[PDB]
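3C-like proteinase nsp5 bound by nirmatrelvir (bound form).
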Number of protein chains: 2
Amino acid sequence: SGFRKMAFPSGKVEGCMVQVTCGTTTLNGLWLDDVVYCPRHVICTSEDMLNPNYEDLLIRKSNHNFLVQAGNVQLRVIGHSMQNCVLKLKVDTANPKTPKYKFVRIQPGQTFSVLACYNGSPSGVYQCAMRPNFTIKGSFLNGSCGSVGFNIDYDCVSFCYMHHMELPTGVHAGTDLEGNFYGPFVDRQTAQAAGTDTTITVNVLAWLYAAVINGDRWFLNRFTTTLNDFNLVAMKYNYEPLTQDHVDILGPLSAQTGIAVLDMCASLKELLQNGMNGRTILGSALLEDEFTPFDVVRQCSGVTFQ
Amino acid sequence: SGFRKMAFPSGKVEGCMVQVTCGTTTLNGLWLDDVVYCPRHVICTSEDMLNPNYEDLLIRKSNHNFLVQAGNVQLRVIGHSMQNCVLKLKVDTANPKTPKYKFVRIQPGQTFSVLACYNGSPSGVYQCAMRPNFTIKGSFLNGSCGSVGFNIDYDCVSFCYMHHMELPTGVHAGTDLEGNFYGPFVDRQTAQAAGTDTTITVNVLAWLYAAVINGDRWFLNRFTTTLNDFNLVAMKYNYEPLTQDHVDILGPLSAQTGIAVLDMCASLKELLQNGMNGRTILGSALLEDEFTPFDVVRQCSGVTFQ
Ligand SMILES: *C(=N)[C@H](C[C@@H]1CCNC1=O)NC(=O)[C@@H]1[C@@H]2[C@H](CN1C(=O)[C@@H](NC(=O)C(F)(F)F)C(C)(C)C)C2(C)C
Ligand SMILES: *C(=N)[C@H](C[C@@H]1CCNC1=O)NC(=O)[C@@H]1[C@@H]2[C@H](CN1C(=O)[C@@H](NC(=O)C(F)(F)F)C(C)(C)C)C2(C)C
């Protein structure tokens, strides 16, 4: 029993972190094979960050202007290219610790582990969800850029995120490992808005199923509803509209507990309309939306990795 | 900015996990140097767990009754001893991945990372606090025993916990790495009570300081209090009594924010007496007590590890 927010083991990603310095600016890089990936704003000064022209700024840089360091060991840079907002530095040495990996673009609602890094060294690991507004709720300070997000599929590390910036509301923004930002964000120190953040409904239902599995089920009322009537109520609370695809993904949880998705939707409706009354669910006084149906199944089975 | 519950990177501990089988019972072991450590109830059958006599049960076991497996590789057991509730199996091969380590007994209120394991393979990592009642709020299923808790001090892994059992209220219990349980718990399948769980006051104050650091400070009232008047109110809410040692540990946070500990105590008093009114602090509708002053400082600086 017990339900906790859990990150994937980070060992396979720890071996891929390096420190990338250009001028005075130092950040983290991801060393896979003979390529190091980092945010392209490593070439900027503080002044440049205000309105950068990355092409012109990069045109003044050679391979020798990039200091790539793995522990107390320097890697020799023999190539460099800008791919969208990421800089790829080709090095003469392949990472002997390169795991089986792939680059993926995660969808909103999906979760991933973040290994927060400073000066190429891991500081900590935590779980995040890609919000519907393409922001994350992380914990990143100066030097954290280049810290990556990932999932583990038994032996294969799937990289999905690279940290670039923090927005005015305290939330975070970054790119996939090809350099494309999630959301409308740009890598420039200029005022940018995240936009209305909605609640990942399928994840809230998955979290209600974990609560039921773990004996916590006071919220289960005797009512039921329809997808359109539930959606009509959920949109009033800024909840993402539940679809038949979402219903099918909740399938294994619905089967393991004997509770129809539409019955669980009606209990969610009464929780949204009447609140929690100071009571808790899994030790929380709010409805939690950062656990996918897969996160709940993995934890209610104990899925292990290599 | 941003404040998240963060586990230490788990790579150094991943290399120490092995699978220990005795009869049909399989659990996790911690392989450091030429010794493997696991819960002594690996020698029990389901029936034995009801009222075990570990000495007599162990007396029927030889080195060859213990199957120790690292990946798809068997370790040859050449010695075995019971140290309190842990079984230590001496193997012919030292772990080539043994990091710099030490065994420590943590105090209540202190936190640590748990690398949850099944069949010797890591499944996930999360942070826990040793409650004042010597229980933890984990996420452990069948096979999770032998999963360990640890802290990292730059290069040195400090092992402080080994999982053994789950109590009736869903909470967890285990031992240090010498086999002594935290709390009054025994490794026997018999009804056992955790006892009244109190709130780690110094940690709640540390979490209020992280909230202030991260711009969240609505709760800051214009009142102040004394240690005895605050304690008189905190004991009514099952809060651990704040001491001058606690005040001194909050020092760096008090200095970084310009807020006296006793002023922060008065705001905590009004939060306990009048509630949060549906408002949140760091995205939480409850007062959080699983972040020590050290956890807050580490995150509001970005302390990194080897
Ligand atoms: C990279 N190490 C940091 C990560 C930041 C540091 C504070 N917390 C973080 O997440 N990235 C930056 O400092 C980026 C960088 C220039 C400005 N910057 C920002 O994150 C700024 N944000 C913005 O201007 C905004 F709102 F548009 F996102 C900052 C004001 C420092 C928070 C570049 C190139 C975007
Ligand atoms: C070891 N792999 C498991 C971990 C358990 C499995 C479910 N979640 C956990 O934390 N340890 C056990 O199954 C231990 C083991 C016998 C019984 N057991 C328990 O945890 C039981 N608890 C108790 O009887 C109680 F309340 F006293 F703690 C159980 C009923 C299965 C929860 C031994 C030797 C203690």
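Quick note on labels: first sequence line is chain A, next is B, and so on, each numbered from 1. Just so it is clear, the values below take in all heavy atoms, side chains as well, and ignore hydrogens, waters and symmetry mates. In each ligand, atom 1 is the first atom listed, and ligand 1 is the first ligand listed.
The letters of other chains with a heavy atom under 4.0 Å from nirmatrelvir (bound form, ligand 1) are A. In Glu166(A), the parts holding a heavy atom less than 4.0 Å from any atom of nirmatrelvir (bound form, ligand 1) are both the side chain and the backbone.
Of the heavy atoms in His164(A), only backbone atoms (N, CA, C, O) come closer than 4.0 Å to nirmatrelvir (bound form, ligand 1). Contact annotation: for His163(A) versus nirmatrelvir (bound form, ligand 1), heavy atoms closer than 4.0 Å belong to the side chain alone. Within the structure, the closest approach of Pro168(A) to nirmatrelvir (bound form, ligand 1) falls below 4.0 Å when heavy atoms are considered. The source organism field of the entry for chain A says Severe acute respiratory syndrome coronavirus 2.
Closest UniProt active-site residue of chain A to nirmatrelvir (bound form, ligand 1) (heavy-atom distance, 1 Å): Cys145(A), 2 Å. The model tethers nirmatrelvir (bound form, ligand 1) through a covalent bond to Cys145(A) SG. Residues of chain A contacting nirmatrelvir (bound form, ligand 1) are concentrated in UniProt domain Peptidase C30. Within the structure, the closest approach of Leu167(A) to nirmatrelvir (bound form, ligand 1) falls below 4.0 Å when heavy atoms are considered. The protein reaches atom 28 (F) of nirmatrelvir (bound form, ligand 1) closely, with a heavy atom under 4.0 angstrom from it.
Taking every heavy atom under 4.0 Å from nirmatrelvir (bound form, ligand 1), one finds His41(A), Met49(A), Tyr54(A), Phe140(A), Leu141(A), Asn142(A), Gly143(A), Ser144(A), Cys145(A), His163(A), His164(A), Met165(A), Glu166(A), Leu167(A), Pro168(A), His172(A), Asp187(A), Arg188(A), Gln189(A), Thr190(A), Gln192(A).
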